[PDB]
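Shown here: efavirenz bound to HIV-1 RT, A-chain.
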Amino acid sequence: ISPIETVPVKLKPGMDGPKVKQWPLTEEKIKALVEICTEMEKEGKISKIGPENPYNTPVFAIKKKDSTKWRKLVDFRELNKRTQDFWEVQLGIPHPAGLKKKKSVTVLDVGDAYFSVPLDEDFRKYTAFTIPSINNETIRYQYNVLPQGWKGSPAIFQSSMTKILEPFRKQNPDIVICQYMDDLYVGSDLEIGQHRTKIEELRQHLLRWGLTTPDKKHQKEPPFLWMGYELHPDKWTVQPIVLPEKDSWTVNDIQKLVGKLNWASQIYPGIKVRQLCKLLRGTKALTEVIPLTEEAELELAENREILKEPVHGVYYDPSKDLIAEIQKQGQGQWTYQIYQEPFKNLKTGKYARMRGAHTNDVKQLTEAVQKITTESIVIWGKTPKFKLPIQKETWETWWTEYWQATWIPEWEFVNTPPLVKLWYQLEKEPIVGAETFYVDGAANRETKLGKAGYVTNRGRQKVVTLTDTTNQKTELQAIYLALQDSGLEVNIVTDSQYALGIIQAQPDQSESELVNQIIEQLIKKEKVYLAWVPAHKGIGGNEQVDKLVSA
Amino acid sequence: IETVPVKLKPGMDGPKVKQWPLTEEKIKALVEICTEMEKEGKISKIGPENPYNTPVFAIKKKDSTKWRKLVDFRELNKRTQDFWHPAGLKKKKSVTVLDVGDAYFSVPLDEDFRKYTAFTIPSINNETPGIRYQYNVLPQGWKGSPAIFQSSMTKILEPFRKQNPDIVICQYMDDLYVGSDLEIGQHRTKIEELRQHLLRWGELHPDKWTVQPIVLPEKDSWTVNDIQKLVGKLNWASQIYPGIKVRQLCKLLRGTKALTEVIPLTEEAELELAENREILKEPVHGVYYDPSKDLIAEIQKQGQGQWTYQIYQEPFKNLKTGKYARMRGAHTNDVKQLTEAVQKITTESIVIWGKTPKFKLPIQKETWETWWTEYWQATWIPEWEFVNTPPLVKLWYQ
Ligand SMILES: O=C1Nc2ccc(Cl)cc2[C@@](C#CC2CC2)(C(F)(F)F)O1
């Protein structure tokens, strides 16, 4: 084992971990643990204790996979909740797109590393656990090194690994070593034999510090599988995505499927799940069986064809530009591919329809760009140049007139419809000749009964009763009427700041039926000018509707 | 090798704030930087047994090719014990600001408090574990640094405070504010003089900040629209000035007329307006600053590069209001402008009251968090929350 400075551990302030009793086991298990232990004891791993130790964890004996031989496990479950907190190992994991192309790649599985690292002697006592024996006639142990299943084992090991490599990395800056779990991914632009030889240096170096790793003949060769991809040293491809074809589709099956199809929508173009998803409506159980519809049986089939398509990719070249191009693949739905050389993608992805209270394309596009920008700072530490389906004039008009701080990095217009636009724009001044609707709406704070209507110059008017409504719902209702009972050019004066603001923000999507209807009416008109006036004042027209919507 | 023991507010624990992603460029600069401070004993790499963490990044404050390490101890400060303002600072002709952060490297930090100052240098694509450090000296940006250093600070300052007992020197965090009613040449030279004295160790105008007046539109002819908008703005202002009346104007609107119809003002409405303009020719009486209460800085996007703001503690009782503009080159960056604005208003709030204001920013969280760091240039970071500016609130200060 290793000779590296142990890390100083302590129990969460106050707390202390001595207790949880031994789970008396059969005579076959009690001796199948008496054995395995006698082993470790020798290797220097565990140390038969007892001298002064009140703490204790329960040992179990589980049927070792495929073995008539037994295997042990130790419930530190308790010990851990009483163990100080460590610095997270970092759960942000490397994505293929950020890797740099290499000539050779090797993966060193340090695996059996936890038991290779020295534990904080000072803390060992706290590890104690026991082996039962028929007639409680007397086996007490405690670890001397990182324990399989102990809170700090990973964290402390990873840190030991970082230290042990530090020198080697300074010495060979042309070599890239990537840590992750018990794995070491080493890549380089050296010639095959030169590379193989550095690995041996690395392995022996790791072995000098007690960290055993695999031989060049025990090494595992490319491509390597990484969270869905096949990693080759010059490029990557996507592990085949097999969809099963059954006669029995429980709810579970339908979901997992949708689940895989979703993951696939990032990589593959044209995947659909709308109809597989329709199949979950009103389901009563996971084990429930749902017959796939005709359209369901169909997209699934059209999706299998798509999944056959082989998708390859390229790694990162720091000497080239990062370019991100976006497409509106439906309302609120966007597609993106980031590349450096035309058609040679580093990464692609999809952002699903963010269904909120009220936005529009330009706004939606803006968030998409912010998302891809953060993703990029993460992957490459760089922001791509954008090629967006929008005109500098629209963006120009939108921001120049939007109430919120909004922005978009260096970008370029790309004329690839469907484009992102402003489906309508409110006038900035009243309209001459256009009619003038003075709308209003109200509701009780106890009955939720409301009235919504309007009065206009040209005598036209109309009131209406609502039930189970609110002030804001009635106020919006009022504006809808006006857009209906009006010509192609309208002036509307409301007293609702609520209504005003929602509309001022010129939205093209919402989850409110009403709002959507108004949106429609709005797109239709030739000219609309919306105005606001303070609620209850003797303000001509507004005092009039304030009269009708009050019973 | 002395060290005053510093502790966390009772029952509180160290900060475990996550490090946002950094650009390659900012990472590289930070590795250079930290390696230096490591060699000089300023910091030391830490182990996993330390679970605290604070965000750090890099900036370039006003004309610099070389980067500056910036640490966001906001959370650590909010968790650090408390420790213990010459109104003369605000009432000056000119006030200059100075970065004395360097001074702190000189003082060693209570070793037991070091664990909390832990920070991390990220790696692109997570391909490498981040580089972890913790301070051995007093960190810049920490609320405790200025305090524990006050003692030495004042010392080195007496000479200049005795030589020139007419200037005011107030320190906030890593900054030192010096104000004098001198003329620029002598003023800036007397400053350079102070930086000379400081070196043998290691441009604002206050009489210009006030509560801007609300102005009302005046026109040849008035339409129904014009009058409504007018009455709306007034009706709001009635909230700040109860005297403000709209009876006469509203009458001009009695009836459901076209929005564009031209309405002839009455002698009465004209008096009503005449009278309101006057009520508005000054800030509302009885508005005083309360130190036992938080300062609040609200900002609205006016568009075309303009940003109005109001600093206040209680609603409708503005301690100060203003506008910010231009800043050539930022001609197409709302985030740059906003960040500059927030800084400009913080410094200002510091000068005046010697404390930072809690900001209410008209921007989406994501947008601001992505880029604000790209344009920050102070040594401090105020607090903030994001909002959806009322359609009204804007036309009013507009
Ligand atoms: O930067 C690169 N280039 C690269 C190219 C192809 C392969 Cl298969 C692997 C890599 C590599 C890695 C890694 C683990 C994350 C997966 C390596 F460290 F070099 F091994 O990181």
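The sequence lines are lettered as chains in the order written, beginning with A. Residue numbering for chain A follows the PDB entry, covering 2-139, 142-554 in order. Chain B is numbered as in the PDB entry; shown residues: 5-88, 96-213, 233-428, in order. So how was this one determined? The header says X-ray crystallography, 2.5 Å. We count ligands from 1, going down the list as the structure has it; atoms in each ligand are counted the same way.
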Other chains with a heavy atom closer than 4.0 Å to efavirenz (ligand 1): which ones?
A, B
Among all the protein's non-hydrogen atoms, which is closest to atom 21 (O) of efavirenz (ligand 1), and how far away is it?
A:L100 CD2, 3.4 Å
Using a 4.0 Å heavy-atom threshold (strictly under), name the region of A:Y318 that reaches efavirenz (ligand 1): side chain, backbone, both or neither.
side chain
Proximity of A:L234 to efavirenz (ligand 1) by residue part, where a heavy atom lies under 4.0 Å
both
Starting from atom 3 (N) of efavirenz (ligand 1), which protein heavy atom do you reach first, and at what distance in Å?
A:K101 O, 2.7 Å
B:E138 heavy atom under 4.0 Å from efavirenz (ligand 1):
yes
How far is atom 18 (F) of efavirenz (ligand 1) from its nearest protein heavy atom, and which residue and atom name does that atom have?
A:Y188 O, 3.1 Å
In efavirenz (ligand 1), which numbered atoms sit nearer than 4.0 Å to a non-hydrogen atom of A:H235?
6 (C), 7 (C), 8 (Cl)
Show me which atoms of efavirenz (ligand 1) lie under 4.0 Å from any heavy atom of A:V189.
20 (F)
Give the name the PDB entry uses for chain B.
HIV-1 RT, B-chain
Check efavirenz (ligand 1) against A:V179 and write out every atom of the ligand that is under 4.0 Å from a heavy-atom position of the residue.
18 (F)
Show which atoms of efavirenz (ligand 1) fall inside a sub-4.0 Å distance from at least one heavy-atom site of A:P236.
6 (C)
Any heavy atom of A:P225 closer to efavirenz (ligand 1) than 4.0 angstrom?
no
Within a distance under 4.0 Å of any heavy atom of A:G190, pick out the atoms of efavirenz (ligand 1) and give their elements.
17 (C), 18 (F), 19 (F), 20 (F)
Which residues form the binding site of efavirenz (ligand 1) (heavy atoms under 4.0 Å)?
A:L100, A:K101, A:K103, A:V106, A:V179, A:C181, A:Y188, A:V189, A:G190, A:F227, A:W229, A:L234, A:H235, A:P236, A:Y318, B:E138
Ligand-protein N/O pairs under 3.5 Å (efavirenz (ligand 1)):
unit_1               : atom_1 : unit_2 : atom_2 : d
efavirenz (ligand 1) : 1 (O)  : A:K101 : N      : 3.3
efavirenz (ligand 1) : 1 (O)  : B:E138 : OE1    : 3.3
efavirenz (ligand 1) : 3 (N)  : A:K101 : N      : 3.4
efavirenz (ligand 1) : 3 (N)  : A:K101 : O      : 2.7

